[PDB]
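Complex: 1-deoxynojirimycin / Kojibiose hydrolase.
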Amino acid sequence: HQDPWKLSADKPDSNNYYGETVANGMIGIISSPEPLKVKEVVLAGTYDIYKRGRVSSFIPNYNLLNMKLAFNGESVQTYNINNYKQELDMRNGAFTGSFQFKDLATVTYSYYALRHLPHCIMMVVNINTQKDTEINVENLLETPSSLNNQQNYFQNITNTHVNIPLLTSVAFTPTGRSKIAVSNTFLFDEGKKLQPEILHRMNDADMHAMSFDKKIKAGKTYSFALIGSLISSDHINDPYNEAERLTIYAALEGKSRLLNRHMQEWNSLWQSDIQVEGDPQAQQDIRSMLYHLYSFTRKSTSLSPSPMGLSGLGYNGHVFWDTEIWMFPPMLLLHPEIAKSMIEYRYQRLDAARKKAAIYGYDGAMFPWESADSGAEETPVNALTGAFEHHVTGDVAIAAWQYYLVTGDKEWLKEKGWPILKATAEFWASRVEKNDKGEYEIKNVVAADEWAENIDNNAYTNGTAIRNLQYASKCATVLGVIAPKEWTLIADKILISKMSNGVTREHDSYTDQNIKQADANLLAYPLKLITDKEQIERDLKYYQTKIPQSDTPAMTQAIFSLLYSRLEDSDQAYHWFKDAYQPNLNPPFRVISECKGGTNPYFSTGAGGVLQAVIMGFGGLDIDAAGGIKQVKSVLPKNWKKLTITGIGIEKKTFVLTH
Amino acid sequence: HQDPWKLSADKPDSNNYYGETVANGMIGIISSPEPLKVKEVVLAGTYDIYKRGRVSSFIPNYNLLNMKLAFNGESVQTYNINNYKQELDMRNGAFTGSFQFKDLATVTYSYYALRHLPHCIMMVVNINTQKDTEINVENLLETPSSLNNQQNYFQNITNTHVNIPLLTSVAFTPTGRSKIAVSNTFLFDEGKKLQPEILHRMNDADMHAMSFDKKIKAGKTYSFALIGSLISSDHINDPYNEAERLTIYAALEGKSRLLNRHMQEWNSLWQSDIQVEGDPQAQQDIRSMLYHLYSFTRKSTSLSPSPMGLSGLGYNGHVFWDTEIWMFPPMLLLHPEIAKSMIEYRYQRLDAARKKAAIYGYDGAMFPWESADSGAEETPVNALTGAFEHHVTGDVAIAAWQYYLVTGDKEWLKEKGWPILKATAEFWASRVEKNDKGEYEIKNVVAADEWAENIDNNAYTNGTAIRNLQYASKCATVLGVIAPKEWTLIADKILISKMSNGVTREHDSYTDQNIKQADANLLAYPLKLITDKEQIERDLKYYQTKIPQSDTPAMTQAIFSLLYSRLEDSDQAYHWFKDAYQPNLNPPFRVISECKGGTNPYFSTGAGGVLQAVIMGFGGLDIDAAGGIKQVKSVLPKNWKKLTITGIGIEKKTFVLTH
Amino acid sequence: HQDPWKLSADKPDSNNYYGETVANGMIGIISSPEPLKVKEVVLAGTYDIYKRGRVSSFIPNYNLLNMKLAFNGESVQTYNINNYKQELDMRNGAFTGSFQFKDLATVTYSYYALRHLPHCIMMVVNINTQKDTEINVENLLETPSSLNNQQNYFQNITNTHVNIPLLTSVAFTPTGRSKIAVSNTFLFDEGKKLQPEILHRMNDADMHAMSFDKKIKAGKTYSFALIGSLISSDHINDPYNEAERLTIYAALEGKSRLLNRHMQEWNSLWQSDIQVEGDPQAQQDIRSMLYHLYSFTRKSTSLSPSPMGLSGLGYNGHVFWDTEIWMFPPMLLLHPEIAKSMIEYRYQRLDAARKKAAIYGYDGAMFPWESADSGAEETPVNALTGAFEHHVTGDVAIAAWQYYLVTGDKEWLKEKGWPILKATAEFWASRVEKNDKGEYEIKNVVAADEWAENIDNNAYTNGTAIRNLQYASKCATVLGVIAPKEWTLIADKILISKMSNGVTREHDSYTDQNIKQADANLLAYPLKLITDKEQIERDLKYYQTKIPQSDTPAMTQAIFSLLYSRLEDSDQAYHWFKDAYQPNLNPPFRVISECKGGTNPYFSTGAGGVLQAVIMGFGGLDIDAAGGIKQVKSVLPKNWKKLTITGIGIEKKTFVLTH
Ligand SMILES: OC[C@H]1NC[C@H](O)[C@@H](O)[C@@H]1O
Ligand SMILES: OC[C@H]1NC[C@H](O)[C@@H](O)[C@@H]1O
Ligand SMILES: OC[C@H]1NC[C@H](O)[C@@H](O)[C@@H]1O
């Protein structure tokens with residue numbers, strides 16, 4: 001189970017199973033241990049009041065692939081199959097199951113969130129017989145209890161050449177805020193005259209189904225596909241007609257064309273890859289990380305990943321600095337156009353940030369701690385982060401400047417970067433307070449160490465304000481505009497203090513408290529405010545043991561790894577690399593939970609972190625302050641013979657590292 | 001009945017009557033055979049789910065002019081009047097009825113969709129008595145069954161000088177998507193003290209009425225008017241108050257001011273005119289075509305005509321390439337500012353085109369086959385054109401470039417033309433596939449010949465892609481912007497094939513099939529990809545026979561006419577000119593149906609086609625690729641002594657043609 | 001009661017009491033005569049159909065400060081309190097009440113609409129007992145009858161450090177157009193362990209309450225605060241969560257930080273001030289005028305004041321030319337950034353003005369007589385002003401040009417001023433009619449003298465059209481853009497006529513009618529079309545006695561004052577100054593009603609007028625047509641020893657005047 005491209009599980013154990021996800025940046029499908037079922041489906045961009053937090057949330061959607069298969073009128077179940085296996089092919093996001101039913105037939109089924117068609121899904125089923133048998137196949141559209149006011153439809157779309165049977169449902173999110181349409185069809189190879197008649201049943205309030213029978217002789221392979229389109233009022237004005245239209249189009253494209261297009265898109269994604277020689281487990285793990293990031297983003301959009309991407313409802317689907325600081329930097333280097341989507345998400349919500357600033361008594365743009373559809377604040381009111389954790393504004397500005405540094409796109413800087421950088425700088429200029437010594441303080445925040453609440457002069461926050469102001473001033477110079485000279489004066493005098501031992505103080509109330517996650521250490525990377533090697537080391541020595549083993553998110557150890565790599569300490573770098581995700585894994589596919597021993601995968605934030613430890617740490621790759629990508633000194637784990645990183649920067653460079 | 005300015009009908013035959021329309025680009029009113037009634041009223045820009053196609057539709061609206069007239073308490077009906085006549089004055093869009101009631105009085109009534117006031121209507125009624133008589137007059141607001149949740153209101157708006165009685169109705173389209181308000185008033189000449197008291201009855205769930213009596217002595221003329229305002233939530237935030245406000249405004253402007261303004265606007269429209277000497281029927285017919293286009297469009301808006309304009313619900317009020325290719329070119333030459341509205345419709349829906357492209361796996365902007373309020377696809381799901389007829393994107397780009405060529409407005413090119421041209425070119429670049437010989441193919445479309453479904457390399461479609469790409473590249477050069485060099489490379493290598501007989505092949509599966517309408521012939525005009533005269537001729541010879549007499553729309557013969565005019569073949573040109581619309585006519589006003597012997601007027605697309613045959617064909621007028629309007633060789637029908645075309649181009653030129 | 005900074009009232013008389021307002025540009029709170037109650041609360045930007053006019057309106061909001069106080073379970077009443085006093089401190093918008101309960105304790109309470117936090121309020125309560133006693137305190141959230149579908153909530157927001165109890169209500173405006181959320185908390189000094197337990201009762205459908213008891217020992221002061229946040233769907237997508245979030249944030253900021261920020265903002269506002277020596281009553285009155293303007297506007301927004309600011313539902317909260325011509329000029333001179341908000345209100349509604357123009361048959365932008373949320377017309381239909389009072393378009397243009405003149409901001413001219421000026425000029429170009437002598441007329445308007453309805457060539461209206469056209473042409477020149485030369489030709493020939501006595505004729509039907517308010521006199525100031533002193537004087541002589549004593553708004557005499565000051569006639573200037581507001585005052589705080597002896601304060605329009613009489617009249621300050629602020633000859637009232645005006649223009653100049 002250490003193929004570098006495939007994750008595999010034998011005989012799923014439902015008592016200890018955490019599904020894997022396939023996704024195209026719009027729809028995500030999470031596996032079930034049960035054959036021919038899926039656990040959960042999630043549509044990006046669709047939010048309503050639901051469960052956790054009393055704020056907007058992703059909504060569990062139609063489990064549109066659910067099928068029941070019977071042989072000779074005997075239902076297939078986990079309990080009467082054998083040789084049952086599941087595999088995820090990360091090369092093309094194909095989830096496949098396979099099993100034997102008694103003495104009758106082998107079943108293989110593969111499903112896909114099609115890469116080119118954001119709202120279309122497909123499952124292909126093959127049955128290979130060892131004896132004569134008749135299958136009954138049923139596709140179920142059960143309206144989840146998250147949705148309401150459902151309607152269940154069925155019709156035949158025909159011409160002289162086809163009969164396309166459409167199983168359609170339409171329903172609402174809990175407050176009526178979004179309308180959801182799903183439309184499914186079966187695709188056969190045998191043509192209109194010979195295809196099975198499709199029956200429709202509507203026996204339940206919350207479920208309807210289409211079904212058919214097929215006699216198959218011994219020694220034959222019978223194939224069929226299920227295509228499904230899932231779309232909402234958040235994506236299109238008339239989701240009902242659009243879903244039908246999409247499934248009909250996909251049906252007439254046909255399995256072969258769909259999968260060819262799908263594969264082309266995935267092949268382009270994997271032109272940026274990380275290859276490790278001498279450690280199969282590392283190789284597979286890093287592939288899983290890349291795969292989940294690629295699955296949970298989409299080029300040419302305004303979508304941004306939640307901390308859990310499309311793996312579920314984790315953190316209500318909300319967007320945090322988890323994007324800008326954690327998932328964005330690796331995507332910027334490998335695929336700038338994915339990064340472009342992430343920052344586009346922020347650019348389009350600049351106006352709601354302006355609104356937030358005004359409501360909280362400030363100038364410019366104040367980005368929310370948690371963001372969703374509108375760009376307004378979405379943090380649950382019970383968390384003081386919503387009101388008080390303000391570094392997110394600086395995080396957005398850092399991302400925006402980085403995007404420009406890497407691409408050199410001055411047109412985008414003028415159209416999008418500068419709006420962001422200017423407004424966010426204006427925020428910080430209004431956020432600081434000058435004291436009697438002419439220093440600038442940022443008081444009463446929640447720190448990046450979120451256990452420290454309502455404290456003053458948080459190191460990380462104050463670091464982001466410095467960068468935000470500096471970068472906005474540089475941006476002005478690039479565009480030939482005059483920037484308020486206050487921005488520089490403030491930046492140069494924002495307080496970052498040291499304790500008597502010379503260690504960066506986390507905040508004004510800080511002595512030796514345990515901390516939730518990296519904060520002061522973030523001034524070294526990614527901010528690069530602290531570049532002195534002895535200072536990096538002292539901060540590392542002092543804080544690295546301040547993060548407890550339990551209930552601490554995967555937003556720490558990856559940075560420790562990167563910083564030890566930069567210091568050229570292989571044993572330390574490798575210790576922290578492994579510690580950042582290996583204690584967080586869930587079976588059977590080594591998905592990453594938020595915390596050690598956690599059970600809430602997939603935490604895509606953690607993946608993005610570790611990916612920087614690999615690319616920026618072991619690879620030595622770094623965003624040069626004067627533009628483009630550079631390489632600094634680095635070390636590999638002892639047991640790594642070669643590290644190869646492809647498709648870096650706009651020149652798409654390959655970096656090879658050996659001992 | 002061959003006045004060059006008036007269409008007239010004696011004694012309307014209700015068993016065989018197709019009403020004429022008066023319209024101001026916003027409201028259309030379709031005549032009834034019955035006196036003092038109207039058949040149908042349609043409001044542009046208002047769409048909701050309704051009947052045909054399960055998709056958005058124009059909605060039958062309040063027949064706000066319906067009046068009942070009684071003499072000595074005896075209702076006027078078709079059955080008790082005599083000398084009944086109707087006439088449409090195309091000079092000012094006045095529909096007039098006139099009749100005699102027994103021995104008592106002559107009635108004349110004229111109604112108008114006021115040209116300056118998009119939401120206001122007026123009917124003027126004159127009664128000339130031959131004996132003493134008392135009239136009872138009633139104005140009815142019946143809520144059509146297309147609307148729901150109606151409220152019926154009545155009030156008196158007063159000051160010391162006036163009493164303006166308002167009959168008001170407010171209701172909803174089927175799904176609640178639009179709120180509709182209608183407000184009517186009666187205008188008298190005799191002033192507040194002497195005017196009839198107005199009674200209000202609300203006897204039915206779906207109808208209320210205002211009424212009055214008036215004694216008139218023998219030998220006197222008594223005049224009154226009905227003013228009506230009709231508006232929706234699609235046009236204004238508060239339609240209820242806005243309708244009342246408008247009717248009060250119009251009332252205090254008075255009949256005389258309203259008609260003077262109305263006539264000024266119509267006079268401006270007719271400064272661009274076509275005059276034919278030697279054929280009264282041609283003259284009247286071409287006037288009707290101009291009149292319908294002028295009535296169904298409006299300068300300084302973002303409105304675009306449906307194929308049936310405001311003549312009714314035809315094609316659900318949706319916008320098709322019927323605008324860009326068929327109705328737009330004649331309007332661009334005669335009145336550029338009307339063309340500007342047509343393309344503005346598309347510019348404002350550029351975003352919904354981008355959305356469609358992404359949903360179907362493409363870059364840039366993919367315009368919908370059928371468009372309505374949002375700009376999203378509105379083609380009924382049962383018709384495969386929705387998903388597969390793709391030339392519409394190129395049609396929109398061609399229109400946009402043409403607009404620039406004719407006006408020379410480089411500011412508009414930068415602000416509106418280039419956005420369109422760039423996105424649409426990006427679509428085609430993503431739509432083509434390169435083959436092993438370095439040619440580019442466009443596979444799996446429905447052709448302009450819509451009877452050819454799911455075929456490859458449609459001549460017309462491939463023609464539009466070439467033009468779209470070339471024009472986008474030229475546009476880039478004009479604005480000094482760098483365009484992807486791919487656009488030219490692709491354009492130059494898109495496939496256009498010939499069969500062994502040297503005739504342009506319609507598509508890759510094409511041999512000798514009957515075709516719905518012109519396709520390959522369109523490469524000659526309007527695309528002008530084929531300029532070789534022998535090639536034009538061969539394509540004409542081959543395909544002209546391929547269109548059946550039945551169920552083929554009026555989007556063919558007009559092109560045949562134009563192309564024979566260009567070749568200087570008068571007899572052929574004239575045969576096809578007449579064949580394009582004369583077999584499609586409906587009595588008593590010679591309105592045009594979509595197909596030969598059809599019964600679904602008024603097909604404004606057909607009119608636009610024929611108008612190009614006249615202007616571009618017989619007139620020889622042509623949009624020069626380097627800018628402005630030029631004239632190429634042409635011929636007139638034998639029986640036409642003179643053809644005069646006025647107000648052409650931004651220089652407003654007159655073209656005179658004789659044998 | 002003539003402190004120059006405080007308005008004060010002893011023993012409020014509920015039978016003759018008009019409350020004063022505290023406001024921050026977003027929320028207004030109007031005082032009650034009763035202790036620890038407020039009369040009315042109004043939220044800017046929230047409109048729905050409600051009562052007057054059948055059109056959108058501000059809505060009575062939660063009286064969120066209402067408290068009941070008891071000693072030893074004996075409620076505070078008028079009948080058992082003594083030295084009851086109220087005071088408004090204009091320095092910081094603090095409304096304070098103070099009183100004695102029997103012989104046992106002194107209570108003071110001060111409330112604030114916090115200047116930095118647009119949606120937050122605070123009341124601070126101090127109780128000093130002279131014997132041991134127990135207070136019961138109750139904060140009531142009664143849902144006003146203006147709102148519907150209310151929900152009453154209560155919860156505890158905690159961490160180890162705090163327990164923040166939230167009393168929250170959510171409700172809807174009459175039609176469901178706006179959702180309103182209010183969330184209150186109590187702030188204690190004594191910390192989490194020792195703070196009173198908070199009880200919650202929900203005994204009524206429309207009222208719930210939080211309460212607590214506290215023992216206070218003899219000779220001790222017990223202090224607590226109430227913080228309230230009031231917000232709607234018009235301000236934020238999720239008002240319910242945002243209100244809770246804001247109150248939590250304010251609570252953790254704490255009273256002291258909030259009042260510090262509050263005071264900083266007020267201190268900046270008062271850096272522009274008017275000081276009079278030798279007339280305490282004048283000084284206090286002019287301070288009240290300034291105070292009300294500062295309270296009813298807000299820098300860095302798109303908010304514009306209604307004629308009654310945030311003092312209540314006066315004129316349904318609608319925006320009129322009352323802003324551009326009456327409130328805007330004094331704010332432009334003193335604080336340009338407040339003026340910038342006023343014109344931003346119009347810039348953001350330019351599109352709805354374009355819509356209105358098209359609906360009424362005109363080009364460009366036609367601003368509504370009455371404006372609210374959308375920018376569409378909101379005048380009640382029963383007032384002919386809505387359809388016919390057209391000078392508002394010119395008024396908006398004049399304001400826009402003035403803004404540029406004073407600031408010199410050419411970036412804003414290009415981005416915002418020119419759009420407005422161009423569209424509005426295009427309106428007038430389409431609005432005029434040329435007659436036989438080559439003059440231009442504007443026919444069928446309601447005049448600025450609104451008693452003149454449906455008349456032609458109103459002096460004021462025609463004056464605004466001249467200015468609008470001239471300013472748009474000048475604006476074009478500044479930006480190097482070509483303007484239609486028709487604008488100048490029209491401007492130069494618009495009709496302004498004189499009667500035989502050489503007096504400016506108000507309109508074409510005008511001889512000697514009484515008039516509602518200044519019209520022809522407005523051509524002298526503000527338009528400055530009439531600069532000849534003898535002409536000014538003759539117009540003044542003829543019209544000044546044409547305004548009746550009764551039911552004439554305060555939009556006349558202040559102009560008379562300014563014009564007599566410009567003529568150097570102190571006795572006349574001073575007569576008209578006092579006449580403009582002194583007969584309009586209401587007790588106990590000298591609030592200004594709309595008309596003499598009126599009872600509908602606070603008419604902020606009137607205040608703006610008088611403030612121009614002071615600044616532009618007595619101060620001689622004037623907007624120079626070539627840019628910046630200048631000073632012309634002027635006179636002071638005899639009894640004024642010195643007039644000092646501070647913070648004028650972008651150079652923030654001080655003007656000092658003596659005899
Ligand atoms: O994953 C989202 C969120 N969880 C809590 C963490 O402390 C914070 O750093 C992160 O943004
Ligand atoms: O007129 C609407 C529509 N009808 C069908 C025709 O074939 C097509 O060309 C046209 O666009
Ligand atoms: O104060 C609002 C409105 N009331 C009536 C006045 O006549 C008018 O001039 C003013 O704009």
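Throughout, protein chains are lettered first and strands after them, A, B, ... in sequence-line order, and every chain is numbered starting at 1. These values consider heavy atoms only, across backbone and side chains, with no hydrogens, waters or symmetry-generated copies. Contacts here are counted within a displayed part of the entry, not across the full deposit. Atoms within a ligand are numbered from 1 in the order they appear, just like the ligands themselves.
Other chains near 1-deoxynojirimycin (ligand 3) (heavy atoms under 4.0 Å), by letter: C. Closest to atom 4 (N) of 1-deoxynojirimycin (ligand 3), if we only count protein heavy atoms, is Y315(C) OH, 2.9 Å. In this entry, the organism cited as the source of chain C is Flavobacterium johnsoniae UW101.
Shown in contact with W369(C) at under 4.0 Å from a heavy atom are these atoms of 1-deoxynojirimycin (ligand 3), numbered in order with element: 11 (O). Lab note: nearest UniProt active-site residue of chain C to 1-deoxynojirimycin (ligand 3), heavy atoms, 1 Å precision, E450(C), 3 Å. Closest to atom 8 (C) of 1-deoxynojirimycin (ligand 3) by heavy atom, among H391(C), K516(C), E450(C), is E450(C). Evaluated by nearest non-hydrogen atom to atom 10 (C) of 1-deoxynojirimycin (ligand 3), the leading choice among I325(C), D449(C), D322(C) is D322(C). For 1-deoxynojirimycin (ligand 3), the polar-atom distance check against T605(C) finds no nitrogen or oxygen pair separated by under 3.5 Å. Under a 4.0 Å criterion applied to the non-hydrogen atoms of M555(C), 1-deoxynojirimycin (ligand 3) contributes the atoms 9 (O), 10 (C). In terms of protein heavy atoms, atom 3 (C) of 1-deoxynojirimycin (ligand 3) is closest to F320(C) CE2, 3.7 Å. Annotation: atom 9 (O) of 1-deoxynojirimycin (ligand 3) to nearest protein heavy atom, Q517(C) NE2, 3.1 Å. When chain C is restricted to the residues UniProt lists for beta-D-glucose binding, the ones with a heavy atom within 4.0 Å of 1-deoxynojirimycin (ligand 3) turn out to be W321(C), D322(C), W369(C), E450(C), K516(C), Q517(C). Listed by atom number, the atoms of 1-deoxynojirimycin (ligand 3) under 4.0 Å from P307(C) heavy atoms are 1 (O), 2 (C). Counting heavy atoms within 4.0 Å, the binding site of 1-deoxynojirimycin (ligand 3) comprises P307(C), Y315(C), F320(C), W321(C), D322(C), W369(C), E450(C), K516(C), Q517(C), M555(C), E594(C), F603(C).
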